[PDB]
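Check out this one - 8-chloroadenosine stuck to Heat shock 70 kDa protein 1A.
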Amino acid sequence: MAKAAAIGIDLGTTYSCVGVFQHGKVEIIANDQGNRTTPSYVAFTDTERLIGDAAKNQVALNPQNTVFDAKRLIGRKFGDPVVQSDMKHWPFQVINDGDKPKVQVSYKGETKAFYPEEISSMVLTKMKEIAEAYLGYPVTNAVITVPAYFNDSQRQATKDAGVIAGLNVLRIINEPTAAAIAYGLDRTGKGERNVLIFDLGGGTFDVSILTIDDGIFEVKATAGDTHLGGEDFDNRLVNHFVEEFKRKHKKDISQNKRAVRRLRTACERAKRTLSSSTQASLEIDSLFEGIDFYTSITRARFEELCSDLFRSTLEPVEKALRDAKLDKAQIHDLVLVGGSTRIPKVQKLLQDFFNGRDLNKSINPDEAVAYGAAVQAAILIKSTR
Ligand SMILES: Nc1ncnc2c1nc(Cl)n2[C@@H]1O[C@H](CO)[C@@H](O)[C@H]1O
């Protein structure tokens, strides 16, 4: 029953996803708000602790006590220059507890501090409860994914997050490996298969090259930009609309925090529409000083606004190919991961770079990692019996 069941969890920097392999198919499980992905956010309020959508929805009102980006801290020392650099951009407090970072917040009127693995365990507990509500029984066995470049300390702290969350961690697997499993790229018989995973998420960009020799995976190269993702494209749209509002009304909205946030969420939505329509409309009632902001933008203008950012995704692709000592024609498969890979210009740039090649994109890119993890969790729990 529950002991013969296992889930696959993609514990992402900005969003998390949970899947279950049953009756010959993967089911990506929708949360209680009907969403197939859940924000990796934890909010501490005057009455409760919020996780996911409810935590993301109140981030504007409670920025000091809304934790996100715990994956950027997990398994790291406080003195790490990555931690020191990132801390300058977060609205929550990061403290030092014997060279280990802790996030410090106000919860129910009291000062509390949490290890990154305790924050990630609250995200994992939520994914576990989402699976349990779908299945009708508690599931405890899980496969949890991590980036291919995570070292032993980051992998161990992720497994610790799983234990705190009440999960039996069957295995910690690499995100590009789970994505290759989702597409069945390890079941092509004999002979070495070279796979490139192009993973463009909400806040990070990763390129991974894997060799699959008779079911055995080997990471040949990892490249990317830890500070490039979908949110940079939302911000390019924000700057455009701030300049358009200034041209139409001769008023600068940039300093009004509420106006900028409402414009930001509307921009994120319009950006998503631009992946399937050639135009999107913004409909903001009383954006600033009682002025409605009803406008539109073409996909052509959006592509111009992010042109340099889209083109920059090809430098880590070339870098990974040189590190792996492989030419483009030596790559057998191209896999898309992350919601931002739905952007048509991004697909066109990657396809043209690989000389007109087909892309593996039939599985929802923001769900491919959880899909593969769910497949692996089923194989692993079956072998355990
Ligand atoms: N249809 C889409 N077109 C463009 N961007 C998208 C789309 N869906 C998501 Cl999610 N994202 C973005 O992916 C990230 C999460 O993986 C977020 O930045 C989200 O906006």
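So for chain A, numbering is the PDB entry's, and the shown residues are 1-385, in order. Only this structure's heavy atoms are used, side chains among them; waters, hydrogens and symmetry mates stay out. Read the numbers this way: they start at 1 and go in the same order the structure lists the ligands and their atoms.
In this structure, residues within 4.0 Å of 8-chloroadenosine (ligand 1) (heavy atoms) are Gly202, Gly230, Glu268, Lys271, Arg272, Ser275, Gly339, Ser340, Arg342, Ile343, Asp366. Atoms of 8-chloroadenosine (ligand 1) lying under 4.0 Å from any heavy atom of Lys271, numbered from 1 in the order shown and given with element: 5 (N), 18 (O), 19 (C), 20 (O). Proximity by heavy atom, under 4.0 Å to 8-chloroadenosine (ligand 1), holds for these of the UniProt ATP-binding residues in chain A: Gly202, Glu268, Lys271, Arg272, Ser275, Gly339, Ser340, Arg342. Atoms of 8-chloroadenosine (ligand 1) found under 4.0 Å from any heavy atom of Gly230, numbered from 1 in the order shown, are 18 (O).
With ligand atoms numbered from 1 in the order given, 8-chloroadenosine (ligand 1) contributes 10 (Cl) to contacts under 4.0 Å with heavy atoms of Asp366. Which parts of 8-chloroadenosine (ligand 1) touch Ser275 is read off a 4.0 Å heavy-atom cut-off, strictly below it: atoms 1 (N), 2 (C), 3 (N), 4 (C). Annotation for 8-chloroadenosine (ligand 1): atoms under 4.0 Å from non-hydrogen atoms of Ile343 are 4 (C).
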